[PDB]
Each structure stands twice: as structure tokens, then as C-alpha cells.
*Asks:* 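Working on a deposited model featuring TAK-442. Questions ahead.
In what follows, chains are A, B, ... by sequence order, proteins preceding strands, each numbered from 1. When a ligand or atom number is given, it counts from 1 through the structure's own listing order.
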Amino acid sequence: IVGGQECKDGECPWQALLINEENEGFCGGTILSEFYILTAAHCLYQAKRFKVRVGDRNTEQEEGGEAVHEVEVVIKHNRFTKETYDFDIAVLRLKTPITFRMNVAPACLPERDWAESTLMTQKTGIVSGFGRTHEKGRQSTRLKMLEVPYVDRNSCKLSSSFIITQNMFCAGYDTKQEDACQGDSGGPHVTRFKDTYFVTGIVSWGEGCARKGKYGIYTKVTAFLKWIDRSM
Amino acid sequence: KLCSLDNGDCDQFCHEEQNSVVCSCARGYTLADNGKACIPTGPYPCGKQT
Ligand SMILES: O=C([C@H](O)CS(=O)(=O)c1ccc2cc(Cl)ccc2c1)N1CCC(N2CCCNC2=O)CC1
Ligand SMILES: [Ca+2]
Ligand SMILES: [Ca+2]
Ligand SMILES: [Ca+2]
């Protein structure tokens with residue numbers, strides 16, 4: 001996360017961190033239930049084998065509230081390709097269930113047509129993660145969050161020579177130096193509606209981080225609600 | 001048009017059926033007596049800070 005601020009106690013409890021064989025965080029995820037984590041399909045190609053940490057706020061310190069879960073099965077969307085980054089979505093089933101507690105709780109899944117009409121039309125959402133703190137920057141040892149405006153579809157499409165599809169959306173700033181970045185990939189974009197947070201996006205890709213006239217690209221969760229339900 | 005203003009007064013999901021507002025809620029919530037509010041059915045309901 002470039003800019004933004006550290007998550008306070010209780011604030012981002014649906015955040016998960018994917019950790020590789022060298023115990024390094026490399027992607028985020030969103031807790032959906034005691035057994036299931038939402039992430040990006042592209043994250044599956046960053047590490048052969050990985051585990052999922054929950055309740056982590058500080059990567060360099062033991063907390064006494066954090067836990068590591070092994071993955072039972074990976075459910076990757078069949079239509080994801082590295083060429084397009086379209087359909088950038090996967091669900092992880094954990095071997096052992098998560099016990100919800102301080103800093104560990106699920107985000108709500110939205111309802112499709114209501115969310116398209118009422119949730120995606122809000123001014124802003126919130127993205128969170130342990131990723132790089134600028135382009136080329138070190139990862140953050142502390143969990144960060146950032147308020148990002150939704151970007152209109154035409155400004156979105158025009159921002160890139162890559163095809164931004166109906167399964168994607170843009171959020172962030174034209175020139176302001178705030179964005180998600182490498183390592184936030186797979187993590188939560190949530191939108192608040194009347195004091196409840198709904199997962200609306202999966203951190204997917206950008207051309208660098210926080211560049212002028214470039215935005216963050218997120219997998220549009222509403223486009224996959226039946227797929228997620230079937231996977232769960 | 002019914003859900004276009006103030007979300008039909010629903011806490012969470014709003015729909016229109018037979019020319020009336022119908023509210024609903026995410027899993028782990030139940031609709032209150034008033035048919036608008038969403039009440040958690042257990043601890044650690046989704047989408048709430050801890
Ligand atoms: O530069 C990158 C990386 O995405 C840059 S990054 O790793 O710093 C990164 C990652 C995720 C992000 C998420 C958000 Cl919401 C905002 C910023 C992000 C920054 N590329 C070149 C373009 C490729 N790409 C896509 C379109 C289809 N084909 C591609 O090759 C993806 C990879
Ligand atoms: Ca830790
Ligand atoms: Ca509906
Ligand atoms: Ca920008």
C-alpha cells in the first residue's frame with residue numbers, strides 16, 4: 001500500500017496473508033468464512049506451495065493472536081490467463097477452520113444486482129495489505145489500509161493499452177501518490193454500506209504503482225458471486 | 001424506482017417485488033420485525049470490525 005495508514009486494532013479483520021515456502025508474505029486474501037479465503041488466481045503462480053496467516057498485524061513480530069493455516073484445496077477460475085489477467089479469482093479451502101476472534105472475522109459477500117446498483121456506485125472503497133509502500137519499495141511490516149475512489153468506466157478503459165474487461169474495475173487516483181502495490185495482490189477491496197463492509201474487489205494488477213494516469217485494477221467480485229457460492 | 005432513494009430504508013439488500021420494497025440480509029443476519037433492519041444471528045457477523 002502506497003500512502004494510506006496503518007490498520008488499527010479491530011479495523012481490517014478479514015485480511016489474510018499468503019506466505020511462501022521461505023515464510024515471506026507475497027499476496028493477500030480475504031476471509032469469507034471459517035474455511036474459505038478469497039484471493040487472486042495470479043497469486044497461485046508466485047509460489048509452488050504456500051500457507052495462510054490470519055490475525056497478523058506485524059510480520060516481524062509474534063503477537064499471540066496470529067495463526068497459520070494450511071490449504072486443503074485451491075479452486076482457481078478456469079478462464080484466468082496470464083495474458084489477459086481476466087477472471088483473476090481463486091478460492092482457498094483451509095485444512096483447519098479459523099476461530100473468529102479479535103482481528104479475525106469474515107467480510108460479507110454482496111448480493112449481485114443490488115451491489116451493482118447501490119454498492120459499486122458509492123464514492124470510495126478501502127484496500128488493505130502488507131505490500132510494497134511505493135513502486136520499487138520495501139513491503140510493509142505493518143498492515144496498511146487506503147481509501148480509494150471508484151474510477152468511472154471510460155477513464156478506466158482509457159488509462160491502459162491493456163484490455164480492462166467487464167470482470168475488472170479501476171479504483172484510485174489520477175496523480176495523487178496513493179495506490180495498492182506488489183504484495184497487496186489477492187487482498188481485500190471492501191465497500192462500506194451503512195456500517196457493514198462488503199468485499200467488492202480483489203487486488204489484481206496495475207502498471208507499476210501510483211503512476212500518473214494509471215489506476216489500480218481489481219477483480220469485480222459481483223461478476224463472480226455465483227462462482228464463489230458454488231466453490232464454497 | 002422503490003430502491004433508488006434511501007435504499008428503500010433497508011439496512012442491507014433492497015429489491016422490488018410486486019410493486020413493494022423487500023429487504024434482505026447477508027448470511028449470518030436476520031431481518032428484524034420491521035422488515036428493514038438486519039440483526040446478527042451470532043458472534044463475529046460478517047463485515048463488522050472486531
Ligand atoms: O506492472 C505490473 C504489476 O501489476 C505491477 S505490481 O506487481 O506492482 C502491482 C500488482 C497489483 C496491483 C494491484 C493494484 Cl489494485 C494496484 C497496483 C498493483 C501493482 N504488471 C505489468 C502488466 C501485467 N499485465 C496485466 C494486464 C494483462 N497482461 C499483463 O501482462 C500485470 C503485471
Ligand atoms: Ca506477526
Ligand atoms: Ca438481487
Ligand atoms: Ca495514478
*Asks:* Locate TAK-442 in the structure and give every matching ligand or chain.
*Replies:*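 Copies included, the answer is ligand 1.
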*Asks:* By the name used in UniProt, which chain has the largest number of heavy-atom pairs within 4.5 Å of TAK-442?
*Replies:*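 It is bound most extensively to Activated factor Xa heavy chain.
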*Asks:* Give the letters of all other chains with a heavy atom closer than 4.0 Å to TAK-442.
*Replies:*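 Those reaching under 4.0 Å with a heavy atom: A.
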*Asks:* Any chance you could list the binding-site residues for TAK-442? Cut-off is 4.0 Å, heavy atoms.
*Replies:*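 Heavy-atom neighbours of TAK-442: A/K82, A/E83, A/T84, A/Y85, A/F162, A/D179, A/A180, A/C181, A/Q182, A/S185, A/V203, A/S204, A/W205, A/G206, A/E207, A/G208, A/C209, A/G216, A/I217, A/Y218.
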*Asks:* Taking distance alone, with N or O pairs closer than 3.5 Å, would you say A/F162 contacts TAK-442?
*Replies:*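 N/O-N/O distance below 3.5 Å does not exist for this pair.
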*Asks:* Help me out: what species does this PDB entry assign to chain A?
*Replies:*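 The entry lists the source of chain A as Homo sapiens.
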*Asks:* Can you pull out the closest protein heavy atom to atom 13 (C) of TAK-442? Residue, atom name and distance to 0.1 Å, please.
*Replies:*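 It is A/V203 CG1, 3.3 Å.
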*Asks:* Could you tell me which atoms of TAK-442, counted from 1 in the order shown, lie closer than 4.0 angstrom to a heavy atom of A/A180?
*Replies:*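 Answer, ordered by atom number: 14 (C), 15 (Cl), 16 (C), 17 (C).
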*Asks:* Going by the order shown, which atoms of TAK-442 are within less than 4.0 Å of some heavy atom of A/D179?
*Replies:*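 It comes down to these atoms of TAK-442: 16 (C), 17 (C).
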*Asks:* Among all protein heavy atoms, pick out the one at the shortest distance from atom 4 (O) of TAK-442; state its residue, atom name and that distance to 0.1 Å.
*Replies:*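 Result for atom 4 (O) of TAK-442: A/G206 O, 2.8 Å.
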*Asks:* Measure the distance from atom 19 (C) of TAK-442 to every protein heavy atom, then report the residue, atom name and distance (to 0.1 Å) of the closest one.
*Replies:*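 Closest protein heavy atom to atom 19 (C) of TAK-442: A/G208 O, 3.3 Å.
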*Asks:* Out of all atoms in TAK-442, which are within 4.0 Å of some heavy atom of A/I217? Include the element for each.
*Replies:*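 Taking each heavy atom of A/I217 in turn, TAK-442 has 15 (Cl) under 4.0 Å.
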*Asks:* List every atom of TAK-442 that sits less than 4.0 Å from any heavy atom of A/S185, numbering the atoms from 1 in the order shown and giving each element.
*Replies:*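 It comes down to these atoms of TAK-442: 10 (C), 11 (C).
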*Asks:* Could you find the nearest UniProt active-site residue of chain A to TAK-442 and let me know the heavy-atom distance, rounded to 1 Å?
*Replies:*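 The UniProt active-site residue closest by heavy-atom distance comes out as A/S185, 3 Å.
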*Asks:* Map the residues of chain A that contact TAK-442 to UniProt domains and give the domain with the most.
*Replies:*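 Per UniProt, it's Peptidase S1.
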*Asks:* Is there a polar contact between TAK-442 and A/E83, counting only N or O atoms under 3.5 Å apart?
*Replies:*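 The answer is yes, given that A/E83 and TAK-442 share an N or O pair closer than 3.5 Å.
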*Asks:* Short N/O distance, under 3.5 Å, between A/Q182 and TAK-442?
*Replies:*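 So TAK-442 has an N or O lying under 3.5 Å from an N or O of A/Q182.
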*Asks:* Please list, in number order, the atoms of TAK-442 under 4.0 Å from a heavy atom of A/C209.
*Replies:*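 Once the distances to A/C209 are compared, the set is 8 (O), 19 (C).
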*Asks:* Which of the numbered atoms in TAK-442 are below 4.0 angstrom from a heavy atom of A/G216?
*Replies:*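 This gives 14 (C), 15 (Cl), 16 (C) as the contact atoms.
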*Asks:* If we count only non-hydrogen protein atoms and require a distance under 4.0 Å, does atom 23 (C) of TAK-442 qualify as touching the protein?
*Replies:*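 It does not; no protein heavy atom is within 4.0 Å.
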